[PDB]
**Student:** 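Examining a structure with sisomicin at the moment.
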Amino acid sequence: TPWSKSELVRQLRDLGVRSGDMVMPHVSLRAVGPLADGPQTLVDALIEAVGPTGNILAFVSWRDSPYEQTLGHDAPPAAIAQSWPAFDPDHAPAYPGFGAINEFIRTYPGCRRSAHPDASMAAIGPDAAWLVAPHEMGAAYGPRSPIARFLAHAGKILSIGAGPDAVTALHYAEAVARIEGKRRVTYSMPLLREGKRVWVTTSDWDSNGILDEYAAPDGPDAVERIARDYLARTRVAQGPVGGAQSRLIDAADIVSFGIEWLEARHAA
Ligand SMILES: CN[C@@H]1[C@@H](O)[C@@H](O[C@@H]2[C@@H](O)[C@H](O[C@H]3OC(CN)=CC[C@H]3N)[C@@H](N)C[C@H]2N)OC[C@]1(C)O
Ligand SMILES: [Mg+2]
């Protein structure tokens with residue numbers, strides 16, 4: 001029988017979500033199973049669990065981000081440049097591969113959305129505006145990004161049936177790790193500035209593998225390796241949300257662990 005909002009809220013409380021919390025979810029809706037009113041039921045449950053003083057931050061990205069189409073070029077290729085839609089945060093759908101729940105999060109009334117078209121983050125709650133801006137090209141997941149502020153805001157990572165590769169906040173550890181050989185990428189995004197499309201080309205850390213040995217197309221990347229080690233080494237609340245095995249992780253702790261993990265393995 002499909003899970004009700006009330007059942008999910010009680011499960012989230014059992015896992016350790018408290019009123020006032022700052023939560024970043026990563027969700028496998030297949031693992032959760034049928035919901036009374038579809039994915040919105042779980043969105044509503046998350047909002048209720050964090051309460052009117054809590055916040056939700058999600059890495060939603062953009063369905064039509066021209067990442068692969070501009071990757072490695074010093075400017076967008078001509079055909080891309082002429083016709084690609086500018087990123088419009090009010091209308092641009094979420095990237096389906098990071099979870100079908102994210103389109104429901106980003107369309108929730110009052111949700112705020114960050115300006116980085118490829119790394120776009122959505123936030124709900126009183127601190128949403130502070131979470132989502134600034135989010136500049138060249139600062140996808142590291143210092144000055146919404147992830148940085150999430151880590152300073154007592155953030156908890158709520159993994160609902162998601163794998164250890166799903167932990168976006170660990171890209172902050174990659175960004176700041178004092179290690180040799182870090183990979184960078186160059187890509188271009190079409191932004192709206194005063195109503196006009198402006199192409200911006202930037203470089204940033206490679207979020208598909210910070211070192212060559214972590215950059216196989218189907219990983220494991222460093223995020224996955226760090227998170228697997230961390231979860232083998234740390235007490236973390238575990239329990240069901242819907243039908244999904246779930247975990248509630250202290251974000252600052254896992255990121256600090258990840259910085260140490262990288263720096264212990266790779267020369268400066
Ligand atoms: C929307 N644009 C996207 C662009 O943002 C980027 O997405 C990254 C994403 O793959 C990473 O997740 C993958 O990682 C690996 C192994 N590397 C295997 C499967 C996934 N777990 C994530 N950790 C960081 C994301 N930034 O590349 C793809 C893209 C579609 O172009
Ligand atoms: Mg507050």
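For this chain, numbers begin at 1 and follow the sequence in order. No hydrogens, no waters, no symmetry mates; every other heavy atom, side chains included, goes into these values. Method reported for this entry: X-ray crystallography, 1.2 Å. Counting convention: from 1, in listed order, for ligands and their atoms alike.
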**Student:** Counting duplicates, which ligands or chains stand for sisomicin?
**Tutor:**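 At ligand 1.
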**Student:** Which macromolecule in this structure makes the most heavy-atom contacts with sisomicin (ligand 1), going by the name the PDB entry uses?
**Tutor:**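 Main partner, per contacts: Aminoglycoside N(3)-acetyltransferase.
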**Student:** Extract every residue of other chains having a heavy atom under 4.0 Å from sisomicin (ligand 1).
**Tutor:**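 By heavy-atom distance, that gives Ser61, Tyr67, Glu68, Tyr95, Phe98, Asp118, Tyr141, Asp165, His171, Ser207, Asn208, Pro217.
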**Student:** Is the shortest distance from atom 19 (C) of sisomicin (ligand 1) to a protein heavy atom below 4.0 Å?
**Tutor:**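 So far as the 4.0 Å threshold goes, atom 19 (C) of sisomicin (ligand 1) is out of reach of every protein heavy atom.
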**Student:** What atoms of sisomicin (ligand 1) come within less than 4.0 Å of a heavy atom belonging to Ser61?
**Tutor:**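 Selected atoms, number and element: 1 (C).
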**Student:** Look up the source organism of chain A in the entry.
**Tutor:**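 Source per PDB: Enterobacter cloacae.
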**Student:** So, regarding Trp62 and sisomicin (ligand 1) (criterion: nitrogen or oxygen to nitrogen or oxygen, under 3.5 Å), is there a contact or not?
**Tutor:**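 Looking only at distances, the answer is no, because the N/O contact criterion of under 3.5 Å is not met.
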**Student:** Return a yes/no value for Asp221: is any of its N or O atoms, backbone included, closer than 3.5 angstrom to an N or O of sisomicin (ligand 1)?
**Tutor:**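 No: no nitrogen or oxygen of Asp221 is under 3.5 Å from one in sisomicin (ligand 1).
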**Student:** Quick check on contacts: which atoms of sisomicin (ligand 1) are under 4.0 angstrom from a heavy atom of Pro217?
**Tutor:**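 That gives atoms 16 (C), 18 (C) of sisomicin (ligand 1).
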